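The first residue in the sequence is number 1, and the count goes up from there. One-based numbering, in listed order, for ligands and for the atoms of each.
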Amino acid sequence: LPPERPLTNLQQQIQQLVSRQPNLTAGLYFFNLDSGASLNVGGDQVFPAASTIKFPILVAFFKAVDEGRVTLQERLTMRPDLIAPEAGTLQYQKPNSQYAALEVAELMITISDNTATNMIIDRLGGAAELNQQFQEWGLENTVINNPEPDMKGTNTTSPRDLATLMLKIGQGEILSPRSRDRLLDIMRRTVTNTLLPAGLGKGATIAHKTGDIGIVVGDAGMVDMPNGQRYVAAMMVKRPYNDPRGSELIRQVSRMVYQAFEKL
Ligand SMILES: *C(=O)[C@@H](NC(=O)Cc1ccccc1)[C@@H]1N[C@@H](C(=O)O)C(C)(C)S1
């Protein structure tokens with residue numbers, strides 16, 4: 001893998017673009033796997049994770065499957081204490097009904113199901129257990145403090161953390177080949193493609209996971225371009241509740257970076 005090589009020009013334009021937006025606080029990290037071209041604009045800063053933390057939790061899930069601690073077909077119970085509002089379909093089912101572990105893990109990601117997330121976190125031994133695993137993978141600022149939906153934003157991550165975990169997964173670390181490919185398939189079938197994917201050119205693919213708690217919006221993943229290049233991408237923006245400028249800034253930066261990598 002080539003050395004990290006900042007595109008100093010393009011970084012400056014992106015910083016100029018974020019810093020002229022008053023009530024927005026942005027952090028982002030991008031890395032090109034072929035050139036080593038990198039972009040870091042507040043990429044190491046800590047943010048409320050919102051639902052972006054569901055990506056690290058999915059990694060933890062498949063790690064457990066790899067290690068024989070969890071099975072894809074075992075039945076998980078939707079206990080009252082795990083039922084959660086906001087995004088998800090499980091919450092409308094009978095309390096104490098049960099679901100295949102894999103089905104639950106998929107819902108956590110595809111539709112950001114918060115009940116499903118709580119079920120997985122609990123099954124994997126709880127937040128502390130997961131936090132330790134995140135630390136082991138090098139995720140310095142990725143921490144579960146509260147169950148989902150965690151609308152207050154107590155759960156933390158960083159753009160570098162999200163992008164770096166994805167780099168690792170993309171390069172075949174952490175997870176087995178079978179679990180990796182399952183994870184990427186799930187992460188290509190999310191229903192929210194309004195952020196990073198909205199700035200990509202025709203024929204690009206992206207495995208990613210968005211997060212939105214109104215006061216914070218973000219997205220992270222891995223992009224394959226039609227030209228053959230691959231890069232990882234993560235951006236988080238603090239905003240006034242549901243400010244459409246926050247989501248638009250992510251598009252804009254996504255577009256800027258995609259086009260720069262087309263030209264080079
Ligand atoms: C993760 O942050 C999730 N958000 C919620 O559960 C609360 C919420 C609040 C206001 C609007 C929508 C949701 C789910 N994941 C985000 C995301 O993936 O960006 C959704 C908008 C899909 S809800």
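- Structurally, the main neighbour of ligand 1 is the chain that the PDB entry identifies as TLL2115 protein.
- The compound at ligand 1, a drug or drug candidate, is named benzylpenicillin (bound form).
- Residues of other chains with a heavy atom under 4.0 Å from benzylpenicillin (bound form, ligand 1): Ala50, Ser51, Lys54, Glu86, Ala87, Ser112, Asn114, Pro149, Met151, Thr192, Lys209, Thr210, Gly211, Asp212, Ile213, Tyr241.
- Where the criterion is an N or O separation shorter than 3.5 Å, residue side chain and backbone included, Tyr241 fails it with respect to benzylpenicillin (bound form, ligand 1).
- Atom 4 (N) of benzylpenicillin (bound form, ligand 1) has its closest protein heavy atom at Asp212 O, 3.0 Å.
- The structure places a covalent bond from benzylpenicillin (bound form, ligand 1) onto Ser51 OG.
- Within benzylpenicillin (bound form, ligand 1), the atoms closer than 4.0 Å to a non-hydrogen atom of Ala50 are 2 (O), numbered from 1 in the order shown.
- When distances from atom 7 (C) of benzylpenicillin (bound form, ligand 1) to the protein are checked, a heavy atom turns up under 4.0 Å.
- Heavy-atom proximity to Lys209, at under 4.0 Å, picks out these atoms of benzylpenicillin (bound form, ligand 1): 15 (N), 18 (O).
- The shortest N/O to N/O separation between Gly211 and benzylpenicillin (bound form, ligand 1) falls below 3.5 Å.
- Polar contact with benzylpenicillin (bound form, ligand 1): present for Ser112 (N/O pair, distance under 3.5 Å).
- The nearest heavy-atom contact from the protein to atom 1 (C) of benzylpenicillin (bound form, ligand 1) is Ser51 OG, 1.4 Å.
- Atom 22 (C) of benzylpenicillin (bound form, ligand 1) has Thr192 OG1, 3.3 Å as its closest protein atom, hydrogens excluded (heavy atom only).
- Shown here, atom 11 (C) of benzylpenicillin (bound form, ligand 1) is out of close reach of the protein: none of its heavy atoms lies under 4.0 Å off.
- In terms of protein heavy-atom proximity, atom 19 (O) of benzylpenicillin (bound form, ligand 1) is closest to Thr210 OG1, 3.0 Å.
- In this structure, atom 9 (C) of benzylpenicillin (bound form, ligand 1) lies nearest to the protein heavy atom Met151 CE, 3.4 Å.
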